[PDB]
S.K.: 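Quick one: this structure, given as structure tokens, is what I'll be asking you about.
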Amino acid sequence: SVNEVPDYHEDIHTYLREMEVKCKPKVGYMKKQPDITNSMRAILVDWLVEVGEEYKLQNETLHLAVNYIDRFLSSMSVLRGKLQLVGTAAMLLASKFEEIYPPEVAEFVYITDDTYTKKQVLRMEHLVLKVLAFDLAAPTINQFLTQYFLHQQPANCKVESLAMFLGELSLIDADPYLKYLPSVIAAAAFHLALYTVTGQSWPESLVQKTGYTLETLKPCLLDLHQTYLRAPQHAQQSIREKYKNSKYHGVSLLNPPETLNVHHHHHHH
Amino acid sequence: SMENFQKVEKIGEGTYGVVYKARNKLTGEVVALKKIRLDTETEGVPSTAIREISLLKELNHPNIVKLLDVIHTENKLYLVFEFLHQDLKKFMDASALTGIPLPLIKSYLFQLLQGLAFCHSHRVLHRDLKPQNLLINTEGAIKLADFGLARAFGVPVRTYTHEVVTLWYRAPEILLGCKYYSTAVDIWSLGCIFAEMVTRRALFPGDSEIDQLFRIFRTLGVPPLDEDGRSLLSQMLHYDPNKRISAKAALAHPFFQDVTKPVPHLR
Ligand SMILES: CC[C@H](CO)Nc1nc(NCc2ccccc2)c2ncn(C(C)C)c2n1
């Protein structure tokens, strides 16, 4: 029905595919940050996951905040002691954009444990808006996933939760995930979740919609599979903890598949 | 930062901020300035501004008001908009006795649907389509304005803010508090506006939520409108949000086969 916007979904998909290219952060950016690293970024993103859980925020808000952080850090050098300030302001901005009831500024100050002042958070909010030129309506993995989910017959709640779990894991690790577009990560996440739960593969109807085949998705899929396998040993554990809950059907407790059983023509493969 | 602008008169106050008519002293351009106060020690930049600026920077269409510049001071934000001479509410009031010619009504509705189709195609719900937010110029154009209550939506939609759309233009699915609402809510509003252009009276001027619902129940269960007009209107005001016509489909309706672009009709 109209909640699925039949007359516009294809226009919207085409537009989002245009915009994700324009909203893409710089792939190499951390190499050009003298004071911060991918490991520090992982700590920050993992913390934002915790914040999102604590304040019961939308996963979309979390994805938006990460996009803002990566775009900001693509343009602006930030010292280590100020990284969490960028993150806090990003999460505040994402919340104002996306949430019906965003937390008040005082709650964002509280979550940072009084390292920063309220003035600092507010001034950083303004700086982030300037640097991003108010361009905050970024396409997320989540936005593509919900569109992909409509191709289920019927809907599978464990598939949906696991795909979201895998998409979320990708936010933690700039290497490799910065080189992949949200539509591609969502596609690889959907396939991997579909296969883990049901044994099914990336649907033909989504091949026609997205133009993505398992062949084009392979590099991202192989990365995501490895991330999934190594997940219980990752330094960052908030997403796994989150997805143990009944809300997400305890999908982080599921065993990842040992192999993807992808097509290999050679006898020795 | 605002040295080049000379304020002329106060225009009014919309969803947020204050709007002034101003002139650019260097280029001669007449603009509308929306002044937004921050809030620098408490809540920062309002979500209304964040949404309107972000979305209006994306939305470039003849029937959506043009955002020209954002001037980013420490304590205030100034949005520079194109100036439009009149709003549709004032125009209808000015036309209370004369009426509005059908070709202009048809042109305005066609353009509003073009603008709205553009919004929905770019995942934006307006959610505040009332005559006060529809702006007209001397050349026959009409444009959507005040995106303070607008929202970028996902597919499929999830639950959004309930306190949306001023009472008179509020779709039944909002009034009854359905957990989901979509692009259909904007169509309802434009249907109400269509009727209001024909009569120069609000279609459902409810005094309360119950009165609002009763007024809707009466009518569905506009004299001077032809068969094609009433056909389109009934489809724009369908009770079922699923059955309600889309802006896209509305543009293809027989009512518009002979559409032109007349000039108002009053100054
Ligand atoms: C939409 C509501 C806004 C504030 O009442 N009114 C308004 N009205 C506008 N024009 C109508 C008008 C002109 C002069 C006086 C009163 C109203 C106008 N033009 C550009 N802009 C914007 C989008 C900042 C305009 N805004």
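Proteins get letters first, then strands, A, B, ... in listed order; numbering begins at 1 in each. Whatever order the structure lists them in is the order used to number ligands and atoms, beginning at 1. Reckoned from all heavy atoms, side chains included, excluding hydrogens, waters and symmetry mates.
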S.K.: Trying to sort this out: of R-econazole, DNL201, FK-866, R-roscovitine, AT9283, which one is at ligand 1?
M.R.: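 That's R-roscovitine.
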S.K.: Which chain is the chief contact partner of R-roscovitine here, under the naming of UniProt?
M.R.: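 It sits in most contact with Cyclin-dependent kinase 2.
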S.K.: Any idea which other chains have a non-hydrogen atom closer than 4.0 Å to R-roscovitine?
M.R.: B
S.K.: Write out the binding site of R-roscovitine as chain and residue number, heavy atoms closer than 4.0 Å.
M.R.: B:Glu9, B:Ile11, B:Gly12, B:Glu13, B:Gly14, B:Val19, B:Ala32, B:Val65, B:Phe81, B:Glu82, B:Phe83, B:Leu84, B:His85, B:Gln86, B:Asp87, B:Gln132, B:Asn133, B:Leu135
S.K.: Just want to see if R-roscovitine lands near the annotated pocket: which residues UniProt lists as binding ATP in chain B have a heavy atom under 4.0 Å from it?
M.R.: B:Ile11, B:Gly12, B:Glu13, B:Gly14, B:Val19, B:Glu82, B:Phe83, B:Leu84, B:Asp87, B:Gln132, B:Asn133
S.K.: Who's the nearest protein heavy-atom neighbour of atom 11 (C) of R-roscovitine, and how far?
M.R.: B:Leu84 O, 3.4 Å
S.K.: Report the nearest protein non-hydrogen atom to atom 1 (C) of R-roscovitine: residue, atom name, distance rounded to 0.1 Å.
M.R.: B:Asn133 OD1, 3.5 Å
S.K.: Within a distance under 4.0 Å of any heavy atom of B:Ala32, pick out the atoms of R-roscovitine and give their elements.
M.R.: 19 (N), 20 (C), 21 (N), 24 (C)
S.K.: Relative to the heavy atoms of B:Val65, which atoms of R-roscovitine are at a distance of less than 4.0 Å?
M.R.: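 In order of numbering, the contacting atoms are 23 (C).
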S.K.: Which R-roscovitine atoms are under 4.0 Å away from a heavy-atom of B:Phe83?
M.R.: 13 (C), 14 (C)
S.K.: If the cut-off is 4.0 Å to any non-hydrogen atom of B:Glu82, which atoms of R-roscovitine fall inside it?
M.R.: 19 (N), 20 (C)
S.K.: Write out the residue and atom name of the closest protein heavy atom to atom 24 (C) of R-roscovitine, then the distance separating them to 0.1 Å.
M.R.: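 Looking at atom 24 (C) of R-roscovitine, the protein heavy atom closest to it is B:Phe81 CD1, 3.4 Å.
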S.K.: Would you happen to know the UniProt domain of chain B where most contacts with R-roscovitine sit?
M.R.: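 Those residues are mainly in the UniProt domain Protein kinase.
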S.K.: Please give the covalent link of R-roscovitine, as residue and atom, or none.
M.R.: none
S.K.: Can you list the UniProt Mg(2+)-binding residues of chain B with a heavy atom under 4.0 Å from R-roscovitine?
M.R.: B:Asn133
S.K.: Which atoms of R-roscovitine are found less than 4.0 Å from any heavy atom of B:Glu13?
M.R.: 5 (O)
S.K.: How far is atom 26 (N) of R-roscovitine from its nearest protein heavy atom, and which residue and atom name does that atom have?
M.R.: B:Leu135 CD1, 3.9 Å
S.K.: So what's the organism behind chain B, according to the entry?
M.R.: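 The PDB gives the source of chain B as Homo sapiens.
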S.K.: What are the identity and the minimum heavy-atom distance (to 1 Å) of the UniProt active-site residue of chain B closest to R-roscovitine?
M.R.: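 The UniProt active-site residue closest by heavy-atom distance comes out as B:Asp128, 8 Å.
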S.K.: Identify the protein heavy atom lying closest to atom 3 (C) of R-roscovitine, giving its residue, its atom name and the separation to 0.1 Å.
M.R.: B:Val19 CG2, 4.2 Å
S.K.: Can you report which non-hydrogen protein atom sits closest to atom 16 (C) of R-roscovitine, along with the distance?
M.R.: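 For atom 16 (C) of R-roscovitine, the nearest protein heavy atom comes out as B:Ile11 CG2, 3.7 Å.
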S.K.: List every atom of R-roscovitine that sits less than 4.0 Å from any heavy atom of B:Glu9, numbering the atoms from 1 in the order shown and giving each element.
M.R.: 14 (C), 15 (C)
S.K.: Report every pair formed by an N or O atom of R-roscovitine and a protein N or O atom separated by less than 3.5 Å, giving atom names and the distance to 0.1 Å.
M.R.:
from: R-roscovitine; atom 1: 10 (N); to: B:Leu84; atom 2: O; distance (Å): 2.8
from: R-roscovitine; atom 1: 19 (N); to: B:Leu84; atom 2: N; distance (Å): 3.3

